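Bound complex of carbonic anhydrase II and acetazolamide.
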Amino acid sequence: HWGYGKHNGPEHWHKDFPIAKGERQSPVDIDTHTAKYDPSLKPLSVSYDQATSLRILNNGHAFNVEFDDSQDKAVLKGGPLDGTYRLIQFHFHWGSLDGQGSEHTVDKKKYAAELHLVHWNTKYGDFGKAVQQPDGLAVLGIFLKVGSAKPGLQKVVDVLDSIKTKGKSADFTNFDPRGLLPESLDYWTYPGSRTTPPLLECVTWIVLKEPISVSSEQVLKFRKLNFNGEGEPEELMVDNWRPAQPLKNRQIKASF
Ligand SMILES: CC(=O)Nc1nnc(S(N)(=O)=O)s1
Ligand SMILES: [Hg+2]
Ligand SMILES: [Zn+2]
């Protein structure tokens, strides 16, 4: 199936997922001069004080940190959203080099990595149902630049050796996502899709303006993961990003 390789990479996803060449596809380039400052855009409201991280697993495309979304424990509201969205997981997209890795670009500028905190709209009941609606999901995007280490990310980094290959999982309790947020909650928002197959057009994208800095050694640790399953030839988990897609009409609004 699908991957990020020369033979199963993003350029091929359309054959199995036609919606690949759809109308509200993601990621896109954020043209800062074209973005529309919308003064009706309310400030974001991140209520992650009561979060319950459960596990960490390598799905073969990336690593996901799962959360308990059986109650309004970690939710997202305000900004451009209507209703409450519950955190289900977070994952990253990163490159083989420090000059590539993010999915979204800024004025064509590519970052080291990109953090995606995924939330689903509760009025829909379950995540499965949420992916059936135009306003099903809300993804908070955070850019990572290489510089000073991110204390709040070390917990994550130090467990990666336990989930090296595809299918491996590990208990990952008492992780506080708050440690991954920048100081400013200023953002750009637009209507898009999931950036990996089934590529469903259910996402309200929220990309933060201010990047977070992580050290070389932290990002390096990401790059040691394997796409492959245990007992197979090693294929380093690098460049797990999708190229920016055509905006196609859509307007990118700014909260600033
Ligand atoms: C279950 C779930 O949400 N999976 C996702 N996979 N990619 C996502 S992304 N990068 O488009 O936020 S969400
Ligand atoms: Hg949808
Ligand atoms: Zn993602």
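Using the PDB entry numbers, chain A covers 4-125, 127-260, in order. We read in the header that X-ray crystallography, 2.1 Å was used to get this structure. We count ligands from 1, going down the list as the structure has it; atoms in each ligand are counted the same way.
- Every copy of acetazolamide considered, the relevant parts of the structure are ligand 1.
- Around acetazolamide (ligand 1), within 4.0 Å by heavy-atom distance, are found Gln92, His94, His96, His119, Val121, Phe131, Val143, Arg198, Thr199, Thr200.
- The protein heavy-atom contact nearest to atom 8 (C) of acetazolamide (ligand 1) is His94 CE1, 3.5 Å.
- Below 4.0 Å from some heavy atom of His119 lie the following atoms of acetazolamide (ligand 1), by number and element: 10 (N), 12 (O).
- The distance from acetazolamide (ligand 1) to the heavy atoms of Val121 drops below 4.0 Å at these ligand atoms: 3 (O), 12 (O), 13 (S).
- As for UniProt substrate-binding residues in chain A, a heavy atom under 4.0 Å from acetazolamide (ligand 1) is present in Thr199, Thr200.
- Shortest contact from atom 11 (O) of acetazolamide (ligand 1) to any protein heavy atom: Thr199 N, 2.7 Å.
- Checking UniProt active-site residues of chain A against acetazolamide (ligand 1), the nearest one by heavy atoms (to 1 Å) is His64, 8 Å.
- Using a 4.0 Å cut-off to heavy atoms of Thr200, the atoms of acetazolamide (ligand 1) that qualify are 6 (N), 7 (N).
- Of the residues of chain A touching acetazolamide (ligand 1), most belong to the UniProt domain Alpha-carbonic anhydrase.
- Looking at the model, one finds no covalent bond between acetazolamide (ligand 1) and a chain.
- The shortest N/O to N/O separation between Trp209 and acetazolamide (ligand 1) does not fall below 3.5 Å.
- For acetazolamide (ligand 1) and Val143, the ligand atoms under 4.0 Å from any heavy atom of the residue are 12 (O).
- An N or O contact shorter than 3.5 Å links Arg198 to acetazolamide (ligand 1) by distance.
- Of the residues UniProt lists as binding Zn(2+) in chain A, a heavy atom under 4.0 Å from acetazolamide (ligand 1) is found for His94, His96, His119.
- With a cut-off of 4.0 Å, the other ligands and ions near acetazolamide (ligand 1) are: ligand 3 (zinc ion).
- Residue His96 approaches acetazolamide (ligand 1) through these ligand atoms, each under 4.0 Å from one of its heavy atoms: 10 (N).
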Short N or O contacts of acetazolamide (ligand 1) with protein, under 3.5 Å, listed by atom name?
from, atom 1, to, atom 2, distance (Å)
acetazolamide (ligand 1), 4 (N), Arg198, NH1, 3.3
acetazolamide (ligand 1), 4 (N), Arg198, NH2, 2.9
acetazolamide (ligand 1), 6 (N), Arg198, NH1, 3.4
acetazolamide (ligand 1), 7 (N), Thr200, OG1, 3.3
acetazolamide (ligand 1), 10 (N), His94, NE2, 2.9
acetazolamide (ligand 1), 10 (N), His96, NE2, 3.3
acetazolamide (ligand 1), 10 (N), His119, ND1, 3.1
acetazolamide (ligand 1), 10 (N), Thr199, OG1, 3.1
acetazolamide (ligand 1), 11 (O), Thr199, N, 2.7
acetazolamide (ligand 1), 11 (O), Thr199, OG1, 3.2

